[PDB]
**Student:** 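Below you'll find the structure I mean.
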Amino acid sequence: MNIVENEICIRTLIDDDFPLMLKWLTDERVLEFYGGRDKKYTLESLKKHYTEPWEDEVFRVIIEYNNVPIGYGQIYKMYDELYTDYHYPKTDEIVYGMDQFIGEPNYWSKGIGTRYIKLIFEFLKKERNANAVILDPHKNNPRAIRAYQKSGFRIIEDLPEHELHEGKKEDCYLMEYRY
Ligand SMILES: CC(C)(COP(=O)(O)OP(=O)(O)OC[C@H]1O[C@@H](n2cnc3c(N)ncnc32)[C@H](O)[C@@H]1OP(=O)(O)O)[C@@H](O)C(=O)NCCC(=O)NCCS(=O)O
Ligand SMILES: NC[C@H]1O[C@H](O[C@H]2[C@H](O)[C@@H](O[C@H]3O[C@H](CO)[C@@H](O)[C@H](N)[C@H]3O)[C@H](N)C[C@@H]2N)[C@H](O)[C@@H](O)[C@@H]1O
């Protein structure tokens, strides 16, 4: 995948990206909201994690802003494990999920995440005929939730004790965008 829209480039993750990703995912500012501050990656263990295979389609991408890599996304075709855990019914609809972080905190709350999401929405519509996109943020991450609401996602389910984060199972929302 490769998308360019003025300041933003979204492109496929390659092995050369992992040292900078290690910087992001050893940064306690970033880890508070993605992964958890108790994660202890090395370059090798991070690469192992981010090269684990997926049952169905996945896009792993790097987000660049003004020619500097600043974050990471993964965009994945929905699969049975997640349909089940989300209590989100499998239908004839084409559904994707997406996880992402901006690893440069100076680029938070400047609208870049919302620009990124909308570019992915457009890609999935034209390239995959997607009908819905879903994700599952922590209830106590309002910056993410508000970005997702700006982008068109709506809360559709409560997911109690959904995700272990820093030793505690955090309540989440299931949020859905339907074009
Ligand atoms: C979640 C992001 C990708 C969102 O992208 P970002 O570019 O920051 O979002 P945005 O388009 O600026 O929208 C954020 C909105 O929330 C607002 N906001 C910031 N902090 C807030 C808070 N504590 N409470 C409520 N709103 C807040 C912010 O001002 C902005 O609103 P606007 O000023 O545009 O009206 C990014 O903040 C990020 O990477 N954060 C750290 C990692 C992370 O949380 N990843 C997602 C995990 S979640 O499980 O999906
Ligand atoms: N709300 C978004 C959340 O996104 C991540 O968590 C997600 C993991 O990334 C997924 O893991 C997949 O991606 C890994 C990296 O490619 C692979 O190793 C692994 N085999 C894959 O299944 C897992 N399935 C769901 C989990 N919620 C963050 O850590 C978490 O903080 C944040 O809240």
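In what follows, residues are counted from 1 in the order of the sequence shown. Every number for a ligand or one of its atoms is a count from 1 in the order of the listing. The header says X-ray crystallography, 1.3 Å.
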**Student:** Which drug is recorded at ligand 2?
**Tutor:** kanamycin
**Student:** What does UniProt call the chain that holds kanamycin with the greatest number of close contacts?
**Tutor:** Bifunctional AAC/APH
**Student:** Which UniProt domain of chain A has the most residues touching kanamycin?
**Tutor:** N-acetyltransferase
**Student:** Under 3.5 Å, N or O to N or O, is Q74 touching kanamycin that way?
**Tutor:** yes
**Student:** Does any N/O atom on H165 come nearer than 3.5 Å to any N/O atom on kanamycin?
**Tutor:** no
**Student:** In the complex you have, is atom 28 (C) of kanamycin within reach of the protein, judged by whether a heavy-atom distance drops under 4.0 Å?
**Tutor:** yes
**Student:** Taking heavy atoms and a distance under 4.0 Å, where does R60 meet kanamycin: side chain, backbone, both or neither?
**Tutor:** neither
**Student:** Test your reading of the structure: does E52 have an N or O sitting under 3.5 Å from an N or O of kanamycin?
**Tutor:** yes
**Student:** Are any of the N or O atoms of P137 closer than 3.5 Å to those of kanamycin?
**Tutor:** no
**Student:** Would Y76 count as a contact residue for kanamycin, given that I'm defining contact as a non-hydrogen atom of the residue lying under 4.0 Å from a ligand atom?
**Tutor:** no
**Student:** Are there protein heavy-atom neighbours of atom 17 (C) of kanamycin below 4.0 Å?
**Tutor:** yes
**Student:** Please indicate whether any nitrogen or oxygen in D136 is less than 3.5 Å from any nitrogen or oxygen in kanamycin.
**Tutor:** yes
**Student:** Provide the binding site of kanamycin at 4.0 Å, counting non-hydrogen atoms only.
**Tutor:** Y34, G35, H49, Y50, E52, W54, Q74, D99, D136, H138, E163
